[PDB]
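Shown here: nevirapine bound to Reverse transcriptase.
Chain lettering follows the listing: the opening sequence line is A, and each later line takes the next letter. All residue numbers given for chain A refer to the PDB entry; the residues shown span 2-65, 71-139, 142-554 in order. We number chain B the same way the PDB entry does; the residues here are 6-88, 96-215, 233-359, 362-428, in that order. Ligands are counted one by one from 1 in listed order, and the atoms in each one are counted from 1 as well.
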Amino acid sequence: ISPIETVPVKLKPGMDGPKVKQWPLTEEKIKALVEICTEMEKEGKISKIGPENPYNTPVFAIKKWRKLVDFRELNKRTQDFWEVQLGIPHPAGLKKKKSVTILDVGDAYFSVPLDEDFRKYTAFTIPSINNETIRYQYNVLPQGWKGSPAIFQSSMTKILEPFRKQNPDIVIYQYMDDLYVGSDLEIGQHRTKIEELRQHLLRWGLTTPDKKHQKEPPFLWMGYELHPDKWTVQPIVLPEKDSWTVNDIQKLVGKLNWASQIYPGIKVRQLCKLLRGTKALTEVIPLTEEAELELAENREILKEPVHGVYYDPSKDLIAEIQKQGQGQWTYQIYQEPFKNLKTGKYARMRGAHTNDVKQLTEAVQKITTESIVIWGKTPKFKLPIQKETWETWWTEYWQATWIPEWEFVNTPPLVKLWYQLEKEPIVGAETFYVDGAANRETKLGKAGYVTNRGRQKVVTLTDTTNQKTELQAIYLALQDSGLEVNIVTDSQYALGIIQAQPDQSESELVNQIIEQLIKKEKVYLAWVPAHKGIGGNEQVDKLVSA
Amino acid sequence: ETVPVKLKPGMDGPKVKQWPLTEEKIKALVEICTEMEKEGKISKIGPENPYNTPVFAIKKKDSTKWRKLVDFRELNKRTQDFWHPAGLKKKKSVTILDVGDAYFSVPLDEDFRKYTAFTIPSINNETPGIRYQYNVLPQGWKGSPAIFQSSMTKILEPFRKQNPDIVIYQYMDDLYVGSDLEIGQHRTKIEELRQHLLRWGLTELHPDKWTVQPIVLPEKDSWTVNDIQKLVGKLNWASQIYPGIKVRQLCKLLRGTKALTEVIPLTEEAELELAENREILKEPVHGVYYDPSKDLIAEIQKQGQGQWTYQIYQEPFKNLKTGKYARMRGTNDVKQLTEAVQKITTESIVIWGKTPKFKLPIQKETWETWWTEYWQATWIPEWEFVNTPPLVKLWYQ
Ligand SMILES: Cc1ccnc2c1NC(=O)c1cccnc1N2C1CC1
């Protein structure tokens, strides 16, 4: 097998892995394991033990027979290791090669030596009808043990180390028991380098498929088709049935959701509807007409092929964004007009209170971080907003906010400020002194207002709070008012929410206010402390407390 | 020799994840690390070391070459404990020096190394990270300055006997030296210290200017209802810090549901009320004393146009110091915010010799994507993200 320095392993402090008894098996298995084992025994993989070993994992036999072992126990008492990178390479950030070979080592774990010191801990056993006596223990990484992945990769990394320093024009990707190798050499040169690689590994005991057994490009990657110079979006097929269980529907959505990034115009609103109130996965829901519709429109869309290019470090990275509805954004990142590297969609973030500018800001933050990972760079942005609006928003917003280098792109619908609060009171404009209160034991509340022109109104609410009532008042004011208003409230809460000029929310109330707000021609909102002899306020303070 | 260091009882090594880095940065690391590797400062580690600490690259002040920076916050907080001249704060000028270099000379107890593990990432995870662990005293570790104190003092006595008028205070990787001297003699003499320091292996603030700034009230020719309301608001708040502040007379001017723009003539009583309040404010509220058994807190609000107000305190409304920060030439709330925190931390270091916990008016996502891009200190304080009340801001204006 392999001759690399084994890794020092130790059981979590204190813990030790003693015993999960053996599962007496039939006679057909007790011997179908006795066989496979004698094998490994010679290859040097497993070593007939017993001399001094109290530990033990249970062996199983599954339909070919083949053996499985439960370190489930062993593992949880095994120290933690340096995680296997689960952060993985995305097609959009790869550099076009002329060729890319893949070498499936396959039989690997069983090639790497186990930390002798620790092998004892691997002991397991084989049944025997009449239990009249088979004890073994691994000498190499066990298929199923906690540290096999980390310990293996690491060895792998160490074995290539030379090779790479020697062959910088070559690029290797290590994934699981796989190795993706590409280059810029010529068809024969590369072939030859692979061969070199192949034997180099065997010089270390790691077996790999030859040239007439290795798999061929394109290669499937987390959804894509990878050709060494380009990639294609795997065609996406949607089944056509007369029986659509909830399950069938969810998974469809799940599929469509994925396509929403690559493909333009996908919809799931009406398919999603069909799950409303579903009582079981196995339940059957007849697709509505609109459902049977978008689904079809989606099939048409899904036939289209999505071709894509790789990264060229000698060209600008550029990210352009679109507002595909409230809270919904689309983005495409390319280097050459229309030759996209990557595309995606960010779904409606439905929170307490924001606005497009804010929303846009987060979309941008998201693409940046994606980019810093994919390409280790920040794209030059092209946003559907005017430097003037961004200048207005930031210059006046209470929170640190930033947008890396960017450029306006006049591609409506544009992101704007649906309304702005006056900075000073409005002259001649009516003046509403509003207020609301609620009890802390009945949740009974009163909301209303009193104004200069005598006008007024109070109203009772049930099952509300201080903040819901206070908002209520502001709404009333916005209704029984002209196109220009001055509103004075005592609610720091109401204020702040509004002081931040929201244009989207999940509160029916707030939403309404917003609307009202966008409608008016001039609005100035003001704040005055709660219970004082402050004109107008002391007045409403009397009506919302009777 | 190696003084054995240990983690706080029952605590385990840091397992903090590595945020992604710019190409540029990563390279510089790969560069820097191969160097420290060759020199023995650090060694490559295996899969069995599960610990990990964040690292990045910076460019302190006017530098083309990058500086490796490791964020040992979690490690520090998990490291056992080890063991401030008020004179420092009470000086004309104070200069900061970077003695991090000194630590390389000292080896780290081999049993503690594992914890110091870190990683140089790769773009698109295209590659397995470059894992390292220190073999010496790392810069940024609360433990380094400590185990080095002994040798530090030594190398210092000389300058502390020659010039027993100046004060030398060390915080982490920084050395703070203060003298009531004049600049010409100051810039030249500091040089003298870096000279003495150089023959070993190493290489402009005014404290008498930091205080609790005064609240100022608006003064205007004429007053509208609005004007008066906003005034009472501010005053009302301010009453929490100065219970001497009264608003009766002003409240009266308002009695009635009048127009907001209506102009109101002031009463002799109201004008007194203001006069009296203005005076209650001409100074910081009595009895505000710093407590070492407690945590310093630094709160910052965004005033707009590049202005930022902040208050350092341990107990609410009892400010030890309050301030403002204008903007550094060269439209980036994050550079400004980062710059501000560094200013306020240094300032906090000088006075009380400890960093304040920051409450930042910004979104976690935003700050984490970029702060490291304008950071320039060897240290990193603690911070949390908040939502500035609409009021708190109008008040400190
Ligand atoms: C799956 C995968 C992950 C990371 N990189 C690669 C691959 N596989 C390829 O087929 C590939 C295609 C184009 C460019 N690099 C590629 N390779 C690099 C090795 C040449």
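- Lab note - other chains with heavy atoms under 4.0 Å from nevirapine (ligand 1): A.
- Taxonomically, the PDB assigns the source of chain A to Human immunodeficiency virus 1.
- Residues in other chains coming within 4.0 Å of nevirapine (ligand 1) by heavy atoms are A/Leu100, A/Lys101, A/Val106, A/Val179, A/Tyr181, A/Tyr188, A/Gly190, A/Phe227, A/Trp229, A/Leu234, A/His235, A/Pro236, A/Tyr318.
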